[PDB]
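Check out this one - FG-2216 stuck to Egl nine homolog 1.
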Amino acid sequence: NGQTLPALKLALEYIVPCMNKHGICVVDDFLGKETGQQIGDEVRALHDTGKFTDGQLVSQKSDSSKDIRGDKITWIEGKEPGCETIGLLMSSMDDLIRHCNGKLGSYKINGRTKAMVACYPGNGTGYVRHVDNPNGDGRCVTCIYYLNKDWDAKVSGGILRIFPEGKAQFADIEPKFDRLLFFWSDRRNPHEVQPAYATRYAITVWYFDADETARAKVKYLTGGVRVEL
Amino acid sequence: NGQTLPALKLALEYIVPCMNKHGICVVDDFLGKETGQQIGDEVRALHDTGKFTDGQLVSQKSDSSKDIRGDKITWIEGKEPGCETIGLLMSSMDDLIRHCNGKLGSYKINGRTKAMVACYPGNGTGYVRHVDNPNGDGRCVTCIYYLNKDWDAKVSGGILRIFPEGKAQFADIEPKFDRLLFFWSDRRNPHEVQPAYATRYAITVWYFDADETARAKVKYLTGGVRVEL
Amino acid sequence: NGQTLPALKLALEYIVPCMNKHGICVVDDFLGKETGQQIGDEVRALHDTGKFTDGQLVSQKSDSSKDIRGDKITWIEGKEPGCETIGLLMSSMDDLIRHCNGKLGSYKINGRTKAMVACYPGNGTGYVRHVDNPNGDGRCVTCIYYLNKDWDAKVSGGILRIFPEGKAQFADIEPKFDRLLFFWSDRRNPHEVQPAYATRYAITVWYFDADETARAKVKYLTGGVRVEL
Ligand SMILES: O=C(O)CNC(=O)c1nc(Cl)c2ccccc2c1O
Ligand SMILES: O=C(O)CNC(=O)c1nc(Cl)c2ccccc2c1O
Ligand SMILES: O=C(O)CNC(=O)c1nc(Cl)c2ccccc2c1O
Ligand SMILES: [Mn+2]
Ligand SMILES: [Mn+2]
Ligand SMILES: [Mn+2]
């Protein structure tokens, strides 16, 4: 956990060396309290005004009134009314990555996703062990920003547990307010979200490597590079 | 087989309870004869003016003049010249689904496909056993409208056979004129089209669940949620 | 290796019979020297001005300064400044295919990709054995144009080796200047690029079959045939 808006020093003296050594980097106090609170207010307002999905279907029985649903999501561009501070976070994330370019592995980052805002509703659901990009879709770095004030995992659960490749250990990350996490999106970092027993919010952006994305366009072929005659 | 343009009673008293109990619902006389005949005329005109593909490649030998092809398709938005009544069918299907919303399982339907018009040419080809959505691409309900007047499966074949999960039985559906079929698109309903020995037309729309579709955008990643820096 | 801008005779007397018999067709002197040299100049200028990716990641060790990268690519529409002659090549390829239509197997070609320009940097990397379209994504014909003057595979490597299905033999194709290659994109033609020890350029376009592409839209579902309610 390194310590932070100014961040070139953070990128060059902490994020780049940490990513190249461990593949997992945690920055605490990324935006500061005023800004982090504004983002949390925007995300709660999206939740309270019904902009999230109903949640991943976790258990489906004969009676659909008992169906259990987990993580809820919404995709945010950063330009929508009421999402301007999420947009500021995304710009901040983008400036950090730009300052790392050419220094994160041998990747050359040239694109990203929209922001994926996730809400674990606090009903004991988590997210199963997975790899974000197991099949070469172009995503090289996962970046998550957490929004949960005074989170106490001893009673609320919700820890991100990463299983770094080749090492016999876990890396456990609490989803703390104003924490920014980076990790390699491929099979080097399988991970899971342990059951959350309180409402838990996070915002994820994935960053794309230019070479991997260019050749993915053949595999994930759409109309895309398909055109008329 | 329930019985039908007015249809809120049909949705609430038949379609919703049948889908939640059996996963497979058949509505006969959905649009009535005048309208059903107009749709059939539009589809035959698309066929006769060459708008369908040449058909699924079924057998490919050394000599391509003998290649066997099966089902032919065309994708219809519903706004094209000469497709206005298909467009009316799609609007009718959409109004029905809207009246079911929140009541079909725990799904929240927020999108659909264009209409897939299919023609089995009558040369003994059918469609192999499959699941429509086996990998979580967002499609929750399959809706098929049939256009075949006086169909007699005893001589023309072409029955849809569904293999509902967990039950040791078949559900056999004849592709009858003005019949509308609903079934869950996932692995609950593997199905096949038995060999058709007469020209057989159907129109399919798939309906998307909001949560499943939102998270599919990560799996089926395109430029999509991918954007520039 | 048949012999060539005029080419209807080439399509009808050589390409069509060769593709239907062998699945692999080589045309030498396709555009002639003046035009081929102009294309090579355009491709080298894209390389020299940094328009290619950094190359397929081949070896990734703990230290990313030693990472080995292979083939570099760029996607070209044919209308960009400085790509007009690539655009002429693409138009030439498209006119040839149009003159074959209905005669290549039972396919009906109705679309293509943008041009994929590839550069093997000459560092001993090649491309592993693969099939271009193994899963039914609509691509029926692969068309490659080579740009390498006085290529000598005895010292530079870089041969395309195809492993035609059912036959116990290789088909070895040198990546010669102004050579145009056609082959079926599916599992009939697994192939590899043997290690290249000099800079090696090629331009690939894939051609889509109408039926296979229409039904791929269901499998590779995007927002695509997905639309709002
Ligand atoms: O929230 C966290 O600490 C870690 N979360 C994830 O790893 C995560 N990963 C994916 Cl791929 C999805 C994908 C969809 C919805 C939520 C996700 C999620 O929370
Ligand atoms: O027509 C029928 O009763 C049932 N047909 C299908 O189940 C069906 N399913 C798919 Cl996924 C396709 C897909 C492509 C073309 C035709 C299809 C078809 O008829
Ligand atoms: O260059 C050649 O002779 C043959 N090359 C290929 O077969 C080839 N195939 C694919 Cl699918 C890719 C795909 C991405 C980049 C380069 C490729 C390549 O050179
Ligand atoms: Mn993840
Ligand atoms: Mn089906
Ligand atoms: Mn290839």
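Each sequence line gets a chain letter, starting at A and going down the list. Residues 182-185, 188-406, 409-414, in that order, are what chain A shows, numbered as in the PDB entry. Just so it is clear, chain B uses the PDB entry numbers, and the residues here are 182-185, 188-406, 409-414, in order. The numbering of chain C matches the PDB entry: 182-185, 188-406, 409-414, in order. We read in the header that X-ray crystallography, 1.7 Å was used to get this structure. As a basis for the values below, the full set of heavy atoms in this structure was taken, side chains included, without hydrogen atoms, waters or symmetry mates. Atoms within each ligand, like the ligands themselves, are counted from 1 in listed order.
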**Message:** Do you know where to find FG-2216 in this model, all copies counted?
**Reply:** ligands 1, 2 and 3
**Item:** Heavy-atom contacts of FG-2216 (ligand 1) under 4.0 Å: other chains
**Value:** A, B
**Prompt:** A/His313 heavy atoms, cut-off 4.0 Å: which FG-2216 (ligand 1) atoms fall inside?
**Reply:** 7 (O), 9 (N), 10 (C), 11 (Cl)
**Request:** Identify which UniProt-listed 2-oxoglutarate-binding residues in chain A lie under 4.0 Å from FG-2216 (ligand 1) by heavy-atom distance.
**Result:** A/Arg383
**Request:** Would you indicate which of A/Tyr303, A/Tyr310, A/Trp389, A/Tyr384 comes nearest to atom 19 (O) of FG-2216 (ligand 1) when only heavy atoms are counted?
**Result:** A/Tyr303
**UniProt domain of chain A with most contacts to FG-2216 (ligand 1)** = Fe2OG dioxygenase
**Prompt:** What organism is listed under source for chain A in the PDB header?
**Reply:** Homo sapiens
**Message:** Polar contacts were defined as any N/O atom of the residue lying under 3.5 Å from an N/O atom of the ligand; does this apply to A/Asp254 and FG-2216 (ligand 1)?
**Reply:** no
**Prompt:** Which other ligands and ions fall below a cut-off of 4.0 Å from FG-2216 (ligand 1)?
**Reply:** ligand 4 (manganese (II) ion)
**Request:** Just let me know how A/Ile256 lines up against FG-2216 (ligand 1), side chain, backbone, both or neither, with a heavy-atom cut-off below 4.0 Å.
**Result:** side chain
**Message:** I'm curious whether FG-2216 (ligand 1) gets near the natural ligand site - which UniProt Fe cation-binding residues in chain A have a heavy atom within 4.0 Å of it?
**Reply:** A/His313, A/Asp315, A/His374
**Request:** For FG-2216 (ligand 1), indicate whether the residue A/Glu375 contacts it via side chain, backbone, both or neither (heavy-atom separation under 4.0 Å).
**Result:** neither
**Message:** Please classify the A/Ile327 to FG-2216 (ligand 1) contact at 4.0 Å (heavy-atom distances, strictly less than): side chain, backbone, both or neither.
**Reply:** side chain
**Asked** Which is closest to atom 7 (O) of FG-2216 (ligand 1) by heavy-atom distance: A/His374, A/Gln239, A/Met299, A/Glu357?
**Response** A/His374
**Request:** Identify the binding-site residues of FG-2216 (ligand 1) at 4.0 Å, heavy atoms only.
**Result:** A/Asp254, A/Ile256, A/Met299, A/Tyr303, A/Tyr310, A/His313, A/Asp315, A/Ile327, A/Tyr329, A/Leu343, A/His374, A/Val376, A/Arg383, B/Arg398
